[PDB]
Amino acid sequence: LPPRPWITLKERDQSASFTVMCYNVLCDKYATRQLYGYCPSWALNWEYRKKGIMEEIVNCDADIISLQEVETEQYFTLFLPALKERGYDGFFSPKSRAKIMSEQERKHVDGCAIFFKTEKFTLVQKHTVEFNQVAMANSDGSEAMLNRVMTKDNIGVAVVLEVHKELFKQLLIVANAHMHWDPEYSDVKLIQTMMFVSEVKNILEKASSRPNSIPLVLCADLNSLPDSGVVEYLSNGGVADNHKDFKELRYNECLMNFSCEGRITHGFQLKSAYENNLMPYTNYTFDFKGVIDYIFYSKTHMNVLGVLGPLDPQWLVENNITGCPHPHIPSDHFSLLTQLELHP
Ligand SMILES: NC[C@@H]1O[C@H](O[C@H]2[C@@H](O)[C@H](O[C@@H]3[C@@H](O)[C@H](N)C[C@H](N)[C@@H]3O[C@@H]3O[C@H](CN)[C@@H](O)[C@H](O)[C@H]3N)O[C@@H]2CO)[C@H](N)[C@@H](O)[C@@H]1O
């Protein structure tokens, strides 16, 4: 397994630089022979894969790490203890807090974690966004909001961090979400994204009023290709309320609850670190290969200096690798890694 390359996109000036990782590790619960039958059982097994997962994370050595598919017990016994030793602290929330289940099932619920190096950042606030609660609260007048959106218990997490002056009070919000997966539910994915951005803006308003100005880095497994309403909404500061992906009700007035006519907008002016298909895919399986993971950043606060390019495709060809995971690749997603430059 050859080390991944690095694409330089812009030189360092000559004021704060830091790196961000985004990585869906593939949780044990979903690593089944049914879905990944082309991978031998011994290489699917968590006791085997978790080693490759930790190696990938250690090798990337990112200042900030956003993971998806982190199982609750594994956050507390594997990811946090190990990354504490590398100088990180972390924030984790699982999905399904409100769902009733046994002690044993609770250990295996997955969720999102953000880690940050404490020599560079200090935690100011931490937040969990429950898309099912936000949908329920904004569902008046929409059966679809209640039937299709509220019933999915996906989440995102966000932290407000202090960026230490030595790297140049400067604040930074890092947000990390994992959206619903089903290709037939583009509406849910889009609404979940608008709910998340909307709630992050509410978080940001309450980070400022404590004696628009705060940069955002948004990591996510959006389960959405670059041509989707989700990515258009994130990249262009808004989306039409009649966008095809809303699958009717399109023009529902309930969408405007997230919406700051006909356009649902946000003011974050985001850009994707990997735009212009610098990786041809982020999820790589036999049945599906495509870009569905993203690192977005406030383009008025930050430059992209570089990204970690894709695993060499001739290597996948020579080794006949048509899907992941694989004995040498421990997740069906490739990690994303970017170096950003923050100008206060
Ligand atoms: N062809 C339609 C496309 O599907 C893509 O996603 C693919 C994949 O991510 C997703 O399914 C994947 C596939 O392993 C297989 N279908 C089992 C399982 N559902 C898994 O979904 C899993 O669960 C999480 C739940 N939260 C997902 O967010 C996460 O990406 C994934 N680990 O559905 C697609 C099937 O591969 C993208 N959503 C988008 O490109 C478009 O919708």
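Chain A residue numbers are taken from the PDB entry; in order, the displayed residues are 169-182, 186-339, 351-393, 401-449, 457-540. The header says X-ray crystallography, 1.8 Å. We use all heavy atoms of the structure for the numbers below, so side chains are in, but hydrogens, waters and symmetry mates are not. Atoms within each ligand, like the ligands themselves, are counted from 1 in listed order.
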Chain with most contacts to ligand 1 (name per the PDB entry): CCR4-NOT transcription complex subunit 6-like
Name of drug found at ligand 1: neomycin
Which residues would you count as binding neomycin, with heavy atoms within 4.0 Å? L206, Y207, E240, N325, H360, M361, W363, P365, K371, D410, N412, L414, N479, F484, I488, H529
Nearest active-site residue per UniProt, chain A, to neomycin (non-hydrogen): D410, 3 Å
Which residue and atom name correspond to the protein heavy atom nearest atom 6 (O) of neomycin, and how close is it? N412 OD1, 3.9 Å
Is there a protein heavy atom less than 4.0 Å away from atom 12 (C) of neomycin? no
Near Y207, which atoms of neomycin are under 4.0 Å from a heavy atom of that residue? 14 (O)
Between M361 and neomycin, is there a nitrogen or oxygen pair with a distance under 3.5 Å? yes
Regarding neomycin, does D410 bring an N or O atom to under 3.5 Å of one of the ligand's N or O atoms? yes
Which UniProt-listed Mg(2+)-binding residues of chain A does neomycin come within less than 4.0 Å of, going by heavy atoms? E240, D410
4.0 Å protein heavy-atom contact status of atom 37 (C) of neomycin, strictly under: yes
Which neomycin atoms are under 4.0 Å away from a heavy-atom of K371? 38 (N), 42 (O)
Give the residue, atom name and distance (to 0.1 Å) of the protein heavy atom nearest atom 19 (N) of neomycin. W363 CE3, 3.1 Å
Looking at atom 17 (C) of neomycin, tell me if a protein heavy atom falls under 4.0 Å from it. yes
Which neomycin atoms does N479 reach within 4.0 Å, using its non-hydrogen atoms? 8 (C), 9 (O)
Which UniProt-listed substrate binders in chain A sit within 4.0 Å of neomycin (heavy-atom distance)? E240, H360, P365, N412, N479, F484
Organism of origin for chain A, per the PDB? Homo sapiens
Is there a polar contact, in the sense of an N or O pair closer than 3.5 Å, between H360 and neomycin? yes
So is there a nitrogen or oxygen of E240 less than 3.5 Å from a nitrogen or oxygen in neomycin? yes
Subset of neomycin atoms that lie under 4.0 Å from at least one heavy atom of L206: 15 (C), 17 (C)
